[PDB]
Asks: 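Please take a look at this structure featuring ethoxzolamide.
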Amino acid sequence: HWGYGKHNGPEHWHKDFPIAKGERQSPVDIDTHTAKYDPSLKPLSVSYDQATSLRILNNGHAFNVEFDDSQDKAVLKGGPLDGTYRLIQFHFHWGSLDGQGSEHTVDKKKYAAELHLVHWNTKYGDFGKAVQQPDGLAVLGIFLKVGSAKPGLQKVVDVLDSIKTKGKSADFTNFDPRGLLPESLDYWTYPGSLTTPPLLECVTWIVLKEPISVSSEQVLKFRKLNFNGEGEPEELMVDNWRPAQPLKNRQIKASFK
Ligand SMILES: CCOc1ccc2nc(S(N)(=O)=O)sc2c1
Ligand SMILES: [Zn+2]
């Protein structure tokens, strides 16, 4: 099965998922001098005050914090989007070293990790329908750099011991994702894809310009997770990022100049 190892990593994925070589794959390198300022772009509207987190899960390639998406509780609108997108989960990608880990890069610069808040377009009724549409998903991407600790992240860090191996889950209620946002909501946006299989080209990417800082101790605890299931040989969950893909016939737009 697919993963991030030498024998099943991103350069192998196209054999099972031919769309890996598609025309609107993610992630990409954001060239800040080629991105076009678009004054017609609206500010992002993040409404997370009623968010209901349920569970945190190690799924074998990352850990997901899952939300109740049966109503318009935590939604994303505005920006480049038409209509209302519901938050369903967030997860991270990170590296084995502080100098790598993000999926998107900015002028070829890598960050230590990247947070993805995944939302789906409510006009399609459920998430599985949404991923089959060109405007089905909106993923908010936030860069993590190593520096001062992020207080709002610590509740996530402290529960990781309980979901060390693949398939483990833990109740995770009353988590407020607003504690993970940067001060500014300026962004780049482009049409792209899921960055893990099935790599569907259904995503409007919204990548925030301002990174958040987390401490070395916080990111260190990410790196203690396991790709494997309990009772299997230990493989540390690190470097679960896909490298940048060709931009091809797309333009990256910026909400700011
Ligand atoms: C369709 C089964 O659920 C999936 C599969 C892949 C996938 N990739 C992302 S990401 N890394 O935010 O682009 S969210 C997501 C959800
Ligand atoms: Zn992701």
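Nothing fancy with the numbering, it's 1 onward along the sequence. The basis for the numbers below is simple: all heavy atoms, side chains too, and nothing from hydrogens, waters or symmetry mates. All ligand and atom numbering here is 1-based and tracks the order in the structure.
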Asks: If I want every copy of ethoxzolamide, which ligands or chains do I look at?
Replies: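 All copies together: ligand 1.
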Asks: Which polymer chain sits in most contact with ethoxzolamide (ligand 1), and what is its name in the PDB entry?
Replies: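 Most contacts go to Carbonic anhydrase 2.
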Asks: My understanding is that we take every heavy atom of each candidate and find the minimum distance to atom 15 (C) of ethoxzolamide (ligand 1). Doing that for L194, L199, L137, which one comes out nearest?
Replies: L194
Asks: Does ethoxzolamide (ligand 1) have an atom under 4.0 Å from some heavy atom of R242?
Replies: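 Contact absent.
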Asks: Give the source organism of chain A as listed in the PDB entry.
Replies: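 The deposit names Homo sapiens.
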Asks: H93 heavy atoms, cut-off 4.0 Å: which ethoxzolamide (ligand 1) atoms fall inside?
Replies: 11 (N)
Asks: Specify which UniProt domain of chain A supplies the largest share of contacts to ethoxzolamide (ligand 1).
Replies: Alpha-carbonic anhydrase
Asks: Which residue and atom name correspond to the protein heavy atom nearest atom 12 (O) of ethoxzolamide (ligand 1), and how close is it?
Replies: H91 CE1, 3.3 Å
Asks: For atom 7 (C) of ethoxzolamide (ligand 1), which protein heavy atom lies nearest, and how many Å away is it?
Replies: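 Ranked first by proximity to atom 7 (C) of ethoxzolamide (ligand 1) is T196 OG1, 3.5 Å.
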Asks: Counting heavy atoms only, which part of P197 comes closer than 4.0 Å to ethoxzolamide (ligand 1): side chain, backbone, both or neither?
Replies: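 The answer is the backbone.
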Asks: Ignoring angles and geometry beyond distance, decide whether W205 reaches within less than 3.5 Å of ethoxzolamide (ligand 1) through its nitrogen or oxygen atoms.
Replies: no
Asks: Where is the nearest protein heavy atom to atom 13 (O) of ethoxzolamide (ligand 1): which residue, which atom, and how far?
Replies: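 So the nearest neighbour among protein heavy atoms is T195 N, 3.0 Å.
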Asks: Considering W241, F127, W120, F92, which one's heavy-atom position lies nearest to atom 16 (C) of ethoxzolamide (ligand 1)?
Replies: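 Among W241, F127, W120, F92, the closest heavy atom to atom 16 (C) of ethoxzolamide (ligand 1) comes from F127.
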Asks: Regarding ethoxzolamide (ligand 1), does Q89 bring an N or O atom to under 3.5 Å of one of the ligand's N or O atoms?
Replies: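 No, no N or O pair falls under 3.5 Å.
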Asks: For ethoxzolamide (ligand 1), what N or O to protein N or O distances fall under 3.5 Å?
Replies:
| residue | atom | partner | partner atom | Å |
| --- | --- | --- | --- | --- |
| ethoxzolamide (ligand 1) | 8 (N) | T196 | OG1 | 3.4 |
| ethoxzolamide (ligand 1) | 11 (N) | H91 | NE2 | 3.3 |
| ethoxzolamide (ligand 1) | 11 (N) | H93 | NE2 | 3.3 |
| ethoxzolamide (ligand 1) | 11 (N) | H116 | ND1 | 3.4 |
| ethoxzolamide (ligand 1) | 11 (N) | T195 | OG1 | 2.8 |
| ethoxzolamide (ligand 1) | 13 (O) | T195 | N | 3.0 |

